[PDB]
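Prostaglandin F2-alpha receptor, liganded with dinoprost.
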Amino acid sequence: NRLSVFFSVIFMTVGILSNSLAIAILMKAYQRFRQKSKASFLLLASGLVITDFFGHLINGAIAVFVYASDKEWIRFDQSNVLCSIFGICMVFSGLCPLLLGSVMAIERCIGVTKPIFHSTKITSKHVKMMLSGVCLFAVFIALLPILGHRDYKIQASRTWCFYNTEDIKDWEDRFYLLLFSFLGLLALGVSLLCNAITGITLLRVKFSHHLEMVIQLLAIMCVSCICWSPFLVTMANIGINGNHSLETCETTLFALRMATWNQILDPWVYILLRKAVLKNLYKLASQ
Amino acid sequence: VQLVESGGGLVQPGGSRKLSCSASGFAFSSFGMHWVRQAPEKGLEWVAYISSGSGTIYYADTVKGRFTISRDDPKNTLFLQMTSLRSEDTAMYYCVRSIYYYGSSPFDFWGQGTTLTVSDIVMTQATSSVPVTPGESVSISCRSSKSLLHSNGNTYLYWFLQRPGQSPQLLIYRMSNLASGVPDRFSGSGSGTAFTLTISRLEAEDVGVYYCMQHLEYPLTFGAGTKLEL
Amino acid sequence: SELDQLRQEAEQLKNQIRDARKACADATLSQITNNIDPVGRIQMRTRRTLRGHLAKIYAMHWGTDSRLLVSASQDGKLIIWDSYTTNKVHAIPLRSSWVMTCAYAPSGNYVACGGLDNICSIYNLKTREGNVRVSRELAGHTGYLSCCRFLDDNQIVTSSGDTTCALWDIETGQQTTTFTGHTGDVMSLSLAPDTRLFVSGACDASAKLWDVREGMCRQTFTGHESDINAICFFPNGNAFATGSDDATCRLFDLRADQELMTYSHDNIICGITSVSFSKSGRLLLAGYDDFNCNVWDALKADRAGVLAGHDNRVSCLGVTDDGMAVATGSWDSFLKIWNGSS
Amino acid sequence: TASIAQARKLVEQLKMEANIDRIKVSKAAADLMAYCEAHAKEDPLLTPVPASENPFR
Amino acid sequence: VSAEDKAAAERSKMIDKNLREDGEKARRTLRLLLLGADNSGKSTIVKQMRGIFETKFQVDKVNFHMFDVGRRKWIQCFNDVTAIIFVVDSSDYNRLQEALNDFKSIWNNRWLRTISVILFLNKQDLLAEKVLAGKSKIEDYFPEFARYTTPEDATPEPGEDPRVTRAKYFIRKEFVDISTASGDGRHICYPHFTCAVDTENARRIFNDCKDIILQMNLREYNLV
Ligand SMILES: CCCCC[C@H](O)/C=C/[C@@H]1[C@@H](C/C=C\CCCC(=O)O)[C@@H](O)C[C@H]1O
């Protein structure tokens with residue numbers, strides 16, 4: 001009913017195109033800015049768009065095949081290989097953008113509040129360690145159910161695999177949902193807190209590019225919460241209320257599609273919706 | 001440049017002994033180090049190699065698992081911890097330096113050596129002894145089981161001269177290049193698996209044993225040895 | 001009185017030289033070389049990219065074996081590269097980080113560098129200790145060292161910002177010959193293939209031909225409108241090319257004592273930092289401030305190709321002695337190796 | 001008397017440059033054209049070598 | 001890859017390790033280019049804070065490297081310094097126009113389009129005495145000073161003569177007018193009034209360097 005092939009195809013199509021454009025722009029921009037400084041923001045932003053590109057590609061491709069297979073998971077995934085792979089990708093595709101945004105907020109909070117310390121003490125090695133440390137931490141959490149002998153179960157829509165949310169019994173079963181929501185909300189909270197300190201300091205310092213950055217911070221804070229709060233709270237709701245929660249299939253499916261747009265809008269909120277970027281895109285289309 | 005070895009002596013079979021090589025007069029940390037032993041009335045045999053910075057270590061099959069090679073760059077000392085010593089381990093152990101870059105000369109310097117007493121590509125030197133006279137040109141031939149000419153154009157063949165009672169001395173590296181401090185009369189030529197060393201206007205100092213060593217791949221294997229005698 | 005009379009004679013001599021050049025300017029290189037076929041489009045791909053410098057690269061110089069090269073960067077590092085395998089053979093830390101030029105000895109035993117410290121330091125690459133050490137510090141220039149070139153292991157010619165060039169005896173550390181006559185800072189010098197003459201370019205928009213053994217200026221070439229930043233001899237030594245801030249390259253002839261051809265385009269407005277010739281001299285390669293490197297048909301003044309692979313100003317370029325490849329440095333701290341494909 | 005000494009030096013230098021033998025430009029132009037034609041075959045940048053003969057594959 | 005090629009490539013990577021370690025140590029200090037005329041007195045500013053003269057001073061555990069070179073060509077070497085310390089003598093009205101033209105060449109340099117200048121209008125004690133004496137008039141050299149009035153938004157220091165404040169604001173405005181004439185925010189001038197006994201020059205550089213680096217980050221975060 002509410003689910004269809006075209007809904008995931010359109011999100012996959014638009015999400016891939018948005019991230020591909022941001023990667024190309026980040027390629028040229030990084031070369032220009034790596035000469036001036038270490039360009040730590042451009043490194044993290046490149047990882048965020050690259051990670052989101054694989055999330056839209058890996059998870060989007062599986063869903064189209066599932067829809068084309070009439071959702072017959074028993075007939076085509078009897079060994080449960082696809083669902084476990086599907087579950088791992090879904091956790092990584094969502095936990096990594098949230099953790100990267102949290103680190104991207106802390107990095108630019110130091111870069112604004114203590115620009116000298118961010119330049120003389122923080123090195124290019126540390127930025128790549130944080131970029132790799134976040135991705136490794138997201139893989140560790142994604143592989144945690146596998147190492148805990150658990151598995152990812154097929155969701156109610158029968159078109160995506162994720163944590164076990166229906167009829168949770170064991171304390172470890174609810175632990176994974178709580179951990180994912182706790183990490184998702186903690187990353188959301190630090191992202192809001194650090195983007196606020198950056199915005200508050202800039203306005204006090206301002207009173208050239210301060211208003212452009214402040215508008216950017218507001219777009220980051222609003223999009224990251226309007227999209228991820230409906231899904232992260234729902235997982236925390238199920239993890240505590242269990243099956244007694246009023247978490248219907250339509251409620252969680254809709255919360256998933258909103259959280260999908262966070263990775264779709266990240267190329268725009270971070271890269272594309274910028275005054276310098278938009279000017280180049282205008283001339284490129286004319287040429 | 002100096003390399004002094006110590007710690008050798010008479011040991012019982014199955015025991016352990018520690019060899020120390022004190023390096024002075026050069027940048028020790030920049031040179032890869034080798035241990036090469038020579039059994040009494042026998043040829044040279046490569047034992048172990050520790051690279052610059054200790055990042056790469058190689059051992060011979062006859063000593064792998066029993067010998068431990070280590071270096072102390074701040075103290076400029078090279079160590080060789082030997083365990084489970086056999087009667088076959090009785091030899092003179094030489095501390096050898098080698099630096100590797102484009103156009104370098106590995107095995108340029110050899111240590112004095114220490115005496116230890118216990119109570120694959122094949123290099124062929126068929127002619128063990130050659131009667132020679134001063135002022136007469138002498139040619140020494142070498143053979144290899146595998147073609148030493150690599151795809152990068154280099155032919156990794158090395159020539160060493162061991163005068164009686166002294167450490168071996170590098171003459172030719174990579175089959176054609178004359179080492180620094182070596183008289184121009186020595187010349188090396190070869191192609192594929194056959195090589196020749198020519199000694200024009202032989203003198204008294206040219207008397208010694210000549211070994212051909214390959215450096216195409218590990219382990220590093222020497223020849224039997226060709227002796228020039230008056 | 002006497003000074004007024006003398007300065008009028010100098011003006012007459014300038015007219016005498018100027019009239020003589022017009023007398024022998026019977027034809028133009030464009031008219032002579034109009035018949036020959038064009039070289040077509042010169043397509044060179046980046047075969048290698050040399051990474052490892054952490055600041056702007058000021059100068060590079062190929063070795064005579066066409067495989068080793070030395071680059072100088074303002075991070076205080078003189079790095080010797082193996083261009084075939086991109087390996088770093090040596091890393092020489094400099095006492096002063098403001099290095100502006102680098103030289104590779106034709107024997108390969110030494111490298112030289114110098115910058116704002118007014119010292120041309122000589123480094124010995126072949127030591128028994130296994131490390132590169134400073135062998136000689138050539139002091140005596142009162143300005144920044146802008147270029148230096150080896151003649152042998154004991155002779156090196158350096159151009160300075162004090163408007164003087166010098167020939168040094170490395171063994172004694174003293175300058176055998178001092179070259180004077182430039183009114184502006186000398187920015188470059190090019191040794192002739194026989195190493196008996198060398199041209200120098202200065203900020204006074206003039207190129208002077210010097211005799212190394214004699215020690216005096218033989219010819220003076222003008223025509224540029226701003227500072228000359230790069231000078232390069234023709235392969236046979238009977239001509240040379242210059243690059244200046246007026247966005248033009250000029251081919252000067254030694255025997256004819258006058259400019260033969262100008263290499264300029266309307267789209268090009270940026271200064272020229274480096275110039276070099278191919279092995280046959282048919283192609284002129286010039287580095288510009290628009291981050292590109294243009295390949296010119298030296299005989300027809302046509303832009304044969306573009307080497308656009310750098311993200312900052314192309315500070316230097318060089319062609320190997322065998323002419324197989326061209327290396328371009330830039331302020332983006334990257335060196336690229338270029339050559340064509342069949 | 002620094003200026004008067006410099007004026008003599010400049011005049012003396014200009015005399016030497018005016019007394020050199022200057023050949024015709026067409027003669028000098030042909031020499032460059034002849035050299036480029038003679039060495040055209042041995043110019044890897046002008047005439048790209050086969051990939052087997054390129055040290056920078 | 002042969003046995004010696006591998007050992008050579010291992011040597012290269014060890015060299016790569018020491019290259020990157022030296023770059024990290026290089027970035028732990030901020031590089032300052034010191035400029036000024038013969039009468040500027042920039043040496044006294046250096047000594048109080050403490051052919052190339054280099055000085056190192058520390059402010060809040062931050063190390064500054066200041067280069068005093070003793071120029072359109074060699075100025076390109078300092079293409080990536082944090083700031084240029086341009087020191088002028090404001091008391092010398094005769095040589096003020098020399099400083100203004102000197103400042104304009106540095107500001108409009110093609111290779112200094114992104115370098116911010118920390119202007120030190122040195123010798124304010126001499127400037128105050130010169131205005132009080134009245135022997136020399138700024139209007140003699142600058143005709144527009146007669147019609148120049150101190151803005152109502154000015155904040156002169158307590159116990160400062162209005163004649164001194166009017167002179168200081170006009171001298172400062174001449175340099176700032178050059179700075180705002182071109183650049184479009186790529187670099188900013190930071191004028192300050194110092195004397196021969198002031199001990200806050202080092203801290204003024206530290207506070208101005210923070211804004212220079214902060215503006216550098218804002219371009220990276222925005223001009224993607
Ligand atoms: C938990 C975090 C999930 C975010 C993953 C990533 O950001 C986006 C994944 C999207 C993916 C959603 C996975 C299953 C779709 C179920 C909705 C249906 O079948 O209608 C595809 O719709 C395409 C892609 O845009």
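So that the names make sense, note that chain A is the first sequence line, chain B the second, and so on, each numbered from 1. In listed order, ligands and their atoms are each counted from 1. Recorded method for this deposit: electron microscopy, 2.8 Å. Any value given below was found using the heavy atoms of this structure, including those in side chains, with hydrogens, waters and symmetry copies removed.
Other chains within heavy-atom reach of dinoprost (ligand 1), distance under 4.0 Å: A. The model tethers dinoprost (ligand 1) to no chain through a covalent bond. Between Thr260(A) and dinoprost (ligand 1), at least one pair of N/O atoms sits closer than 3.5 Å. The closest non-hydrogen atom to atom 19 (O) of dinoprost (ligand 1), taken over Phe180(A), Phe231(A), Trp160(A), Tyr67(A), comes from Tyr67(A). The contact set between dinoprost (ligand 1) and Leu256(A), taken as ligand atoms under 4.0 Å from a residue heavy atom, comprises 3 (C), 16 (C).
In chain A, numbering transmembrane segments from the N terminus as UniProt does, a non-hydrogen atom closer than 4.0 Å to dinoprost (ligand 1) occurs in segments 1, 2, 3, 6, 7. At least one heavy atom of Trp228(A) sits less than 4.0 Å from an atom of dinoprost (ligand 1).
Of all the atoms in dinoprost (ligand 1), the ones that sit under 4.0 Å from a non-hydrogen atom of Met90(A) are 1 (C), 2 (C), 3 (C), 13 (C).
Considering backbone and side-chain N/O atoms, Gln263(A) comes within less than 3.5 Å of an N/O atom of dinoprost (ligand 1). By the 4.0 Å heavy-atom criterion, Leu253(A) is counted among the residues contacting dinoprost (ligand 1).
Listed by atom number, the atoms of dinoprost (ligand 1) under 4.0 Å from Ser8(A) heavy atoms are 21 (C), 22 (O), 23 (C). Applying a heavy-atom cut-off of 4.0 Å to dinoprost (ligand 1) picks out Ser8(A), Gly55(A), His56(A), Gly60(A), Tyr67(A), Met90(A), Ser93(A), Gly94(A), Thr159(A), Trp160(A), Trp228(A), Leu253(A), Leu256(A), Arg257(A), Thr260(A), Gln263(A).
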